[PDB]
Enquirer: 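Below: experimental structure, PF-00835231 (bound form) bound to 3C-like proteinase nsp5.
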Amino acid sequence: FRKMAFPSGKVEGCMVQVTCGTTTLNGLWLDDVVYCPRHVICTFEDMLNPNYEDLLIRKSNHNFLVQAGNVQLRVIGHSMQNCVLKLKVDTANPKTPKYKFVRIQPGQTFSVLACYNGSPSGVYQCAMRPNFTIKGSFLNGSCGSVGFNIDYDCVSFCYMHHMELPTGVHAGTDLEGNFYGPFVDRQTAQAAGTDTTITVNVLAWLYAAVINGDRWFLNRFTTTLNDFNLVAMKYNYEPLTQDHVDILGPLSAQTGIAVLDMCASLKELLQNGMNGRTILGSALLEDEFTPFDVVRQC
Amino acid sequence: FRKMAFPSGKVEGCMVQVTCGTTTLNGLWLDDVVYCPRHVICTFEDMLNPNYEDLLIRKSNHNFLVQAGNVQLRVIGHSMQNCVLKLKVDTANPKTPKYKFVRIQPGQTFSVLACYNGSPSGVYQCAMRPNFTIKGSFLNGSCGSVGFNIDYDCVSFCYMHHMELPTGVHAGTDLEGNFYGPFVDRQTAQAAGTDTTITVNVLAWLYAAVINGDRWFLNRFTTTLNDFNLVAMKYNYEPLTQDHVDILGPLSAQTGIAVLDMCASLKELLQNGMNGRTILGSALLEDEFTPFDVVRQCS
Ligand SMILES: *[C@@](O)(CO)[C@H](C[C@@H]1CCNC1=O)NC(=O)[C@H](CC(C)C)NC(=O)c1cc2c(OC)cccc2[nH]1
Ligand SMILES: *[C@@](O)(CO)[C@H](C[C@@H]1CCNC1=O)NC(=O)[C@H](CC(C)C)NC(=O)c1cc2c(OC)cccc2[nH]1
């Protein structure tokens, strides 16, 4: 299995740069609105302790430089929604795809298009951790890069990049400007909560193994969801929700293995370990493939 | 530090579907030419042992159905270059990027745009293995998917997809239609030569691990180039040349770790194992980042 990103072209055509003073970052141009992190209005000194509402009072439409490449897009209005700025521009983007804004859950994967000065640099797949960080790859100038999924040519934007934590993981918002996790957009060292293993994705991995004939681990037992959840947490695994059980539905039907039967198999792996055995060639259980990712690859 | 592909937009605009009889696959549309695997002219019967010149002489321009999304492109000429078919069309692709065809060397990386029915599906990074296979992700209908690098707006196409070996690895050609490796476009079970590990790439990746605050595998030892190469070859690693040592220069300077000092770290990793420890989240020594890849991402 490869970590596979979606083709990035539909998002590349939406990337612009936004500058306010010498502060430059990336923006997302959809129809006649450009979305970007609101801290673009801050000076380095203001990022230490910002009052966004006051900083924005001193800004006008003509303080914002929006560029597609080197071509300036005239700003005709501005407003703030949570931690994102919305700049109304006088040109509707002809490359705007069909799109939606969605807020994802821990465990869901998405493609990140890393950008610098409005220019796309690379694309890779990330998973939202239970502690609401992603293990990204971002340098100075990457803020405003976005994460997305594509379903039948509709682009669902789910992430806009804001911050690197002292541990080197990354934090950001949805496209309505609401952070994932307890983080805030100020220049301070912030720490994430202890992370856990993404149980629903480990189960997807086990289904993937069964699909490919690697099924030694299937056991003879079963469990209730509540009993499994209580054991899972003693091993630093996320509890399952009803939504997790339902997104495992297609793989459960494909293999004939009930979701709760697979939970019982995983519970043995957790208690007894693997015993030098491997699954899909690895001694480690993988937790960054969603049930959808397994269906796409298999 | 993550496996990172090039943005695929410039390539997506070039992907089309090519159909001959009941055989369909993907093609690459640049200016007024569509490039695709030549076995699209074969009926599934044919693939068992094709005589390609003999089969192509018997086809007409109108046997080729080329679709760019919903629009049909009219084929007005065709020619064969090794394992690649070149269909001349009456329409120039307005989204043709600046491009070049290159043949890559083992150990080098490229981005793959996996396509089905002329529609792009996914993008990921691959390396050309020393045995000239690639460890990709390709299903039925993926033939004609391409691999590429991008350098300041210019797309260097280096791979066109043709085959999945029984072991699950993949094989293909350059855009002049010459296979990488000893493979042939006939429907047979084909084995590769014994693979080896790309040593310069593992070293580049260890430099990447240090830049992300993992220095655990480092040691106080040193080694000569030849003594390292003796141990490398014993572990089925490719030899490290002096040119490799020079390519590793910048990473050595940013970290202050001499190349042969890093070789001694790798020697210890090979001789003792990683002991249940992980490097950048991997339980295994990773060999599909080039020194260029590491610099581009870390800097
Ligand atoms: C943006 O590009 C800002 O425009 C930048 C992206 C990061 C730079 C390094 N890699 C990245 O992912 N984001 C920041 O610089 C943010 C700015 C905030 C939201 C105003 N700051 C941080 O990510 C940040 C600050 C501090 C810190 O201070 C004190 C101490 C430790 C970590 C840390 N991260
Ligand atoms: C193409 O899409 C063909 O148009 C297809 C891509 C592979 C299918 C599954 N995954 C892929 O990457 N390529 C093939 O089907 C090729 C066609 C040749 C070049 C004419 N054949 C194989 O990949 C192939 C044939 C055989 C085989 O025979 C008998 C036995 C074992 C493996 C095998 N692979």
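Note: chain IDs run A, B, ... matching the order in which the sequence lines appear. Heads up, chain A uses the PDB entry numbers, so what you see runs 3-300. By the PDB entry numbering, chain B shows 3-301, in order. The deposited model was determined using X-ray crystallography, 1.6 Å. Whatever order the structure lists ligands and atoms in, that order sets their numbers, starting from 1.
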Enquirer: Which components of the model belong to PF-00835231 (bound form)?
Expert: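 The answer, copies included, is ligands 1 and 2.
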Enquirer: Identify all other chains that place a heavy atom less than 4.0 Å from PF-00835231 (bound form, ligand 2).
Expert: B
Enquirer: According to the deposited model, which residue and atom hold a covalent bond to PF-00835231 (bound form, ligand 2)?
Expert: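 The deposited model shows a covalent tie to B/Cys145 SG.
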Enquirer: Does at least one non-hydrogen atom of B/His163 fall below 4.0 angstrom from an atom of PF-00835231 (bound form, ligand 2)?
Expert: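 The answer is yes: PF-00835231 (bound form, ligand 2) sits under 4.0 Å from a heavy atom of B/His163.
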Enquirer: Measure B/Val42 to PF-00835231 (bound form, ligand 2) on non-hydrogen atoms and call it side chain, backbone, both or neither using the 4.0 Å cut-off.
Expert: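 Answer for B/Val42: neither.
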Enquirer: Which UniProt active-site residue of chain B has the minimal heavy-atom contact distance to PF-00835231 (bound form, ligand 2), and what is that distance to one Å?
Expert: B/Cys145, 2 Å
Enquirer: Check PF-00835231 (bound form, ligand 2) against B/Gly143 and write out every atom of the ligand that is under 4.0 Å from a heavy-atom position of the residue.
Expert: 2 (O)
Enquirer: With a heavy-atom distance limit of 4.0 Å, tell me whether B/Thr25 approaches PF-00835231 (bound form, ligand 2) through its side chain, its backbone, both, or neither.
Expert: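 Looking at B/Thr25 and PF-00835231 (bound form, ligand 2), no heavy atom falls under 4.0 Å.
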Enquirer: Given B/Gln189, B/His172, B/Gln192, B/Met49, which one has a non-hydrogen atom that is nearest to atom 22 (C) of PF-00835231 (bound form, ligand 2)?
Expert: B/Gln189
Enquirer: Measure B/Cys44 to PF-00835231 (bound form, ligand 2) on non-hydrogen atoms and call it side chain, backbone, both or neither using the 4.0 Å cut-off.
Expert: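 B/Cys44 to PF-00835231 (bound form, ligand 2): no contact under 4.0 Å from either part.
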Enquirer: Just go through B/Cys38, B/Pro52, B/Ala191, B/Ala173 and tell me whose heavy atom is the nearest to atom 31 (C) of PF-00835231 (bound form, ligand 2).
Expert: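 Residue with the shortest heavy-atom distance to the ligand atom: B/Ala191.
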Enquirer: For the 3.5 Å polar cut-off, considering only N or O atoms, please tell me whether B/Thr26 and PF-00835231 (bound form, ligand 2) meet it.
Expert: no
Enquirer: Can you tell which part of B/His41 has a heavy atom less than 4.0 Å from PF-00835231 (bound form, ligand 2): side chain, backbone, both or neither?
Expert: side chain
Enquirer: For PF-00835231 (bound form, ligand 2), what is the UniProt domain of chain B harbouring most contacting residues?
Expert: Peptidase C30
Enquirer: Taking 4.0 angstrom as the limit and counting only heavy atoms of B/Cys145, give me the atoms of PF-00835231 (bound form, ligand 2) inside it, by number and element.
Expert: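 So the atoms of PF-00835231 (bound form, ligand 2) that pass are 1 (C), 2 (O), 3 (C), 4 (O), 5 (C), 6 (C), 13 (N).
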Enquirer: B/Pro168 heavy atoms, cut-off 4.0 Å: which PF-00835231 (bound form, ligand 2) atoms fall inside?
Expert: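 Within the 4.0 Å cut-off of B/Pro168, PF-00835231 (bound form, ligand 2) contributes 32 (C).
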Enquirer: Is the shortest N/O to N/O distance between B/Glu166 and PF-00835231 (bound form, ligand 2) below 3.5 Å?
Expert: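 There is such a contact, yes.
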Enquirer: What residues end up in the site of PF-00835231 (bound form, ligand 2) at 4.0 Å, going by heavy-atom distances?
Expert: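 Heavy atoms within 4.0 Å: B/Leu27, B/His41, B/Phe140, B/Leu141, B/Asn142, B/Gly143, B/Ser144, B/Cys145, B/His163, B/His164, B/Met165, B/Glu166, B/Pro168, B/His172, B/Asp187, B/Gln189, B/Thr190, B/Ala191.
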